[PDB]
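Overview of a structure with azithromycin.
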Amino acid sequence: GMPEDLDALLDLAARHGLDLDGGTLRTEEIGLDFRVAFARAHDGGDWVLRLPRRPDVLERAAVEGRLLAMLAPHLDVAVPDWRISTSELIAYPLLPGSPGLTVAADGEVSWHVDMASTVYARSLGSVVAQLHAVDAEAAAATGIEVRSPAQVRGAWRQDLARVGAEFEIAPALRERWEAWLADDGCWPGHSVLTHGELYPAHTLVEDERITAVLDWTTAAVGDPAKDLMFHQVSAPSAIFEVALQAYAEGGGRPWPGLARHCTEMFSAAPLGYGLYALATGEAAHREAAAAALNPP
Ligand SMILES: CC[C@H]1OC(=O)[C@H](C)[C@@H](O[C@H]2C[C@@](C)(OC)[C@@H](O)[C@H](C)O2)[C@H](C)[C@@H](O[C@@H]2O[C@H](C)C[C@H](N(C)C)[C@H]2O)[C@](C)(O)C[C@@H](C)CN(C)[C@H](C)[C@@H](O)[C@]1(C)O
Ligand SMILES: CC[C@H]1OC(=O)[C@H](C)[C@@H](O[C@H]2C[C@@](C)(OC)[C@@H](O)[C@H](C)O2)[C@H](C)[C@@H](O[C@@H]2O[C@H](C)C[C@H](N(C)C)[C@H]2O)[C@](C)(O)C[C@@H](C)CN(C)[C@H](C)[C@@H](O)[C@]1(C)O
Ligand SMILES: Nc1nc2c(ncn2[C@@H]2O[C@H](COP(=O)(O)OP(=O)(O)O)[C@@H](O)[C@H]2O)c(=O)[nH]1
Ligand SMILES: [Cl-]
Ligand SMILES: [Cl-]
Ligand SMILES: [Mg+2]
């Protein structure tokens, strides 16, 4: 859709050297931190605009920029190349391929790639191995969050306590999550650079192969499984094994309990809803988290 502040946005982009055809500028997605728009330049190039919605987003954006600068040479998929990156505007050339899925504003999901795909599984395992191979000290120097295996497991234990102090949690869910936290077989023995929100909305594809990976704000050194989780819970087990095999062939070090860890981690999504509601303070979020934490 045509932005209501179209006028100011063209001025903003031109002040940064980007001469856009204002007819082409349309808002694609309004995130919690960035408004994202597509636009074409008069020289024909296609562009993505990231517009920070509040000044408190800027120091995280600066870390992500540092991350992306060190990361890009290490991966055989494209990542956003922030040719403009200021306090007022980030912009990068539009990356090729189609999002594997798209989540509308009304929450409905449109799928472009099917999770039974062996080609997609192999591609995902390969890209995640390459990311996981990135030197974690070099990644930590960008400013991203860093957790050892003990701190990964400690953070989940702390989150269960913080959420349980503010919400009623169904006893069967608490017992499942306590059993998960207690089970050494589930937990990683090493930390790696991770994407942190790796699912098909952020993997562009062509012919079921990943061409680019978007949206690196959540990148951190931490649990390898978090970048395989969405595939584990959405793909048939035999297709997740194709991704695990590609991961291992690329140098990844999966552990036997990893698939189960992914499914226990996904069952704990309500903890994330509770943490999000505690951060926003909004009534609708609190009520959504409350319902998810104590299901019928
Ligand atoms: C660079 C600025 C332009 O933005 C683009 O070019 C996008 C990257 C482009 O996308 C590019 C890139 C690519 C690979 O799609 C991602 C290509 O297939 C299409 C034809 O053009 C979009 C996503 C197209 O694409 C369709 O939007 C769907 C959400 C997905 C669908 N797909 C799954 C079949 C795809 O056809 C679409 C048909 O142009 C959307 C249509 C409603 C018109 N847009 C509002 C305007 C006019 C755009 O021209 C633009 C904003 O000015
Ligand atoms: C459209 C479908 C295809 O997708 C593409 O073509 C991508 C956009 C392509 O990228 C395109 C487009 C372009 C401009 O790179 C962005 C071109 O230089 C290369 C040769 O092909 C990737 C990103 C190239 O990998 C990139 O190679 C650059 C030289 C460096 C870059 N990174 C290290 C900074 C790295 O991610 C690569 C060399 O293809 C990776 C290689 C290991 C795997 N390919 C062989 C696969 C099978 C692809 O053919 C594909 C998935 O079927
Ligand atoms: N085709 C294409 N889509 C993109 C690109 N960058 C972002 N998008 C789309 O815009 C959405 C929002 O971008 P994202 O970086 O995730 O920003 P967020 O709103 O902060 O989550 C993505 O999920 C994709 O649908 C790109 O380079 N190419
Ligand atoms: Cl906004
Ligand atoms: Cl983590
Ligand atoms: Mg995103």
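Position 1 is the first residue of the sequence; numbering continues from there. Every number for a ligand or one of its atoms is a count from 1 in the order of the listing. Every heavy atom of this structure was used, including side-chain atoms; hydrogens, water molecules and symmetry mates were not.
- Within this structure, azithromycin can be identified as ligands 1 and 2.
- In this structure the chain with most contacts to azithromycin (ligand 1) is the one the PDB entry names Predicted aminoglycoside phosphotransferase.
- The residues lying within 4.0 Å of azithromycin (ligand 1), counted on heavy atoms, are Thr24, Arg26, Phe38, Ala39, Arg40, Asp46, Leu94, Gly97, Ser98.
- Closer than 4.0 Å to atom 26 (C) of azithromycin (ligand 1) lies none of the heavy atoms of the protein.
- Listed by atom number, the atoms of azithromycin (ligand 1) under 4.0 Å from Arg40 heavy atoms are 1 (C), 2 (C), 6 (O).
- Within a 4.0 Å radius of atom 44 (N) of azithromycin (ligand 1), the protein contributes no non-hydrogen atoms.
- Atom 16 (C) of azithromycin (ligand 1) is flagged as protein-proximal [any protein heavy atom, distance under 4.0 Å].
- In this structure, atom 29 (C) of azithromycin (ligand 1) has no protein heavy-atom contact shorter than 4.0 Å.
- For atom 1 (C) of azithromycin (ligand 1), the protein comes within 4.0 Å by at least one heavy atom.
- By the definition of a contact as any protein heavy atom under 4.0 Å away, atom 12 (C) of azithromycin (ligand 1) is not in contact.
- In this structure, atom 34 (C) of azithromycin (ligand 1) is not in close contact with the protein, since no protein heavy atom lies within 4.0 Å of it.
- For azithromycin (ligand 1), none of its N or O atoms has an N or O atom of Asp46 under 3.5 Å away.
- Less than 4.0 angstrom separates atom 38 (C) of azithromycin (ligand 1) from none of the non-hydrogen atoms of the protein.
- The entry attributes the source of chain A to Brachybacterium faecium.
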